[PDB]
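For the single chain, residues carry numbers from 1 onward in sequence order. Ligands are counted one by one from 1 in listed order, and the atoms in each one are counted from 1 as well.
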Amino acid sequence: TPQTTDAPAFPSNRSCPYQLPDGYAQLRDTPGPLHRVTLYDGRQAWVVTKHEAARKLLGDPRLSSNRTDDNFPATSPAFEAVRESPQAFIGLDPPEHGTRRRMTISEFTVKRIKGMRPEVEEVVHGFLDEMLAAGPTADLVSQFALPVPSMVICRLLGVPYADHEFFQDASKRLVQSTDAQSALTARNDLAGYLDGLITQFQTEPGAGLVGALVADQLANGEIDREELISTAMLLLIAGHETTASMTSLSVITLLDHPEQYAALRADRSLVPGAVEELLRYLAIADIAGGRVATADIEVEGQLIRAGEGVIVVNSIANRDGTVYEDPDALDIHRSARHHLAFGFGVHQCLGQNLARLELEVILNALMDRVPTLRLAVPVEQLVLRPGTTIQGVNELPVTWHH
Ligand code: HEM
Ligand SMILES: N#C/C(=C1/SC[C@@H](c2ccccc2Cl)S1)n1ccnc1
Ligand SMILES: O=C(O)Cc1ccccc1Nc1c(Cl)cccc1Cl
């Protein structure tokens, strides 16, 4: 008996770090902006598979980001960890979203990010010093890809780096969590740590965004103590995990396209455009597109009903051939403009300027300090994270000329 389905299972896992899963490429090819899918618990939902329609729906206020809504398209049991506690502004709609987000934007401006350039370079070259002095073979993730953005975001947040082993482990346990209880345990571990950090700042006013939020908004009752915890946790995990994944996958991808890597090294003028193309191509946050319709939405003849879950899959939208000619080809020289790796609209990634800065610095540093860098194993031996979480590899064995 045939098993062809109208709503295939979603999400799907990558088999190649920089290629869509086979199922996603099928969704990309099927005409129309929408397609039905079956989530892990049997409920059906819509997935958006085209670029301009993704922009349109991301800007549509009728698609809500409220993750506490019972009809929100949860794609894994671990998603329950964020549903039970107060929502950081990633899970808020206007006007609450803007009031909370504006409490944090000062630390992510173009002026502040450019101001952080010397300390980002210092942290990058510091962890490179330690890795190269230790010699190959090293795991690029635990020795460079993860600690670099961890240290940077901690200094931005005011989180003491001396506790890094604790909250890096709690962050990883949440990222890789495959059940609800494990995710909630790792989340409460972070919540308990951040709550004590708040009390510490109330005794002794401190630096970083968390200290600012404690001294001002919390003391004026304009943010709840548990919203501060959720917001700080969002920035902490995002600061750690997204950049680390872009680093490891950019290294894997660039080494599989050695002509473009050598061209990139020969001209650092190309690093900014190469970073945009890597963001479009790798789209490591393609699971973070969930929305729920609060009213009927008709999309090019197809009707989204109120109460239906919608998932804007930015990896698929970033492979729209009508926007990026030959979209499945990595081209660091192409115009990667208007890609959706960071989203679009009111929720577009607050840390996008920081991720762009860190990746540029990291890529330039790897080409300067370790040009003989190469993988210590075939990419087929690398272990990919599933489509239910942030795209990445659990470890990246690398070697170089000692
Ligand atoms: C290459 C790295 C990153 C990628 C690919 C990425 C991707 C995304 C995407 C697709 C969204 C949209 C979520 C939605 O529409 O529901 C988002 C939002 C967000 N990201 Fe990132 N992100 C990255 C790095 C970071 C970093 C380093 C931070 C540090 C704080 C961060 C913090 C946030 C926040 C706070 C939001 C929510 C903004 C809002 O709701 O107004 N991200 N990100
Ligand atoms: N990547 C990423 C990222 C995420 S927030 C929501 C996360 C998520 C949503 C739904 C299901 C599973 C997961 Cl894990 S993924 N982020 C955070 C800041 N900027 C980007
Ligand atoms: O979304 C959040 O509030 C925290 C956060 C920040 C960065 C990356 C992921 C997550 N959340 C998250 C995690 Cl770490 C695991 C499973 C499901 C979710 Cl929603």
Which drug or candidate compound lies at ligand 2?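 It's lanoconazole.
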Ligand 3: drug: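 Its PDB name is diclofenac.
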Mind checking which chain lanoconazole (ligand 2) touches most? I'd like its name from UniProt.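 Most heavy-atom pairs belong to Vitamin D3 dihydroxylase.
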Relative to the heavy atoms of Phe79, which atoms of lanoconazole (ligand 2) are at a distance of less than 4.0 Å?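 So the atoms of lanoconazole (ligand 2) that pass are 10 (C), 11 (C).
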Counting each atom of lanoconazole (ligand 2) from 1 as listed, which ones have a heavy atom of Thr75 under 4.0 Å away?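 Those qualifying, in numeric order: 11 (C).
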Would you mind listing which atoms of lanoconazole (ligand 2) come within a distance below 4.0 Å of any non-hydrogen atom of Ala238?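 What qualifies from lanoconazole (ligand 2) is 17 (C), 18 (C).
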For atom 20 (C) of lanoconazole (ligand 2), closest protein heavy-atom neighbour: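 I find the closest protein heavy atom is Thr242 CG2, 3.9 Å.
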Subset of lanoconazole (ligand 2) atoms that lie under 4.0 Å from at least one heavy atom of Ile390: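 Answer, ordered by atom number: 1 (N), 2 (C).
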What is the overlap between the calciol-binding residues UniProt gives for chain A and the residues having a heavy atom closer than 4.0 Å to lanoconazole (ligand 2)?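 Going by heavy atoms, UniProt's calciol residues within reach: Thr75, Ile287.
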Give the source organism of chain A as stated in the entry.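 The entry gives Streptomyces griseolus.
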Where is the nearest protein heavy atom to atom 7 (C) of lanoconazole (ligand 2): which residue, which atom, and how far?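 The closest one turns out to be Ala288 CB, 4.3 Å.
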Mark the output for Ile237 as yes if a heavy-atom distance to lanoconazole (ligand 2) is under 4.0 Å, and as no if none is.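 No; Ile237 lies far enough from lanoconazole (ligand 2) that no heavy-atom distance drops under 4.0 Å.
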Which residue and heavy atom of the protein sit nearest atom 5 (S) of lanoconazole (ligand 2), plus the separation: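 Result: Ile90 CD1, 3.7 Å.
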How far is atom 8 (C) of lanoconazole (ligand 2) from its nearest protein heavy atom, and which residue and atom is that?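 Nearest protein contact, heavy atoms only, for atom 8 (C) of lanoconazole (ligand 2) is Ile287 CG2, 3.9 Å.
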Using a 4.0 Å cut-off to any heavy atom of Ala285, which atoms of lanoconazole (ligand 2) qualify?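 Near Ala285, the atoms of lanoconazole (ligand 2) are 1 (N), 2 (C).
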Considering only non-hydrogen protein atoms, determine which one is nearest to atom 12 (C) of lanoconazole (ligand 2) and report residue, atom name and distance to 0.1 Å.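 Going by distance alone, atom 12 (C) of lanoconazole (ligand 2) is nearest to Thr388 O, 3.5 Å.
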Listed by chain and number, which residues of other chains have a heavy atom closer than 4.0 Å to any atom of lanoconazole (ligand 2)?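 The site of lanoconazole (ligand 2), heavy atoms only, is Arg67, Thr75, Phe79, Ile90, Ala238, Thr242, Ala285, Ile287, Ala288, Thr388, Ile390.
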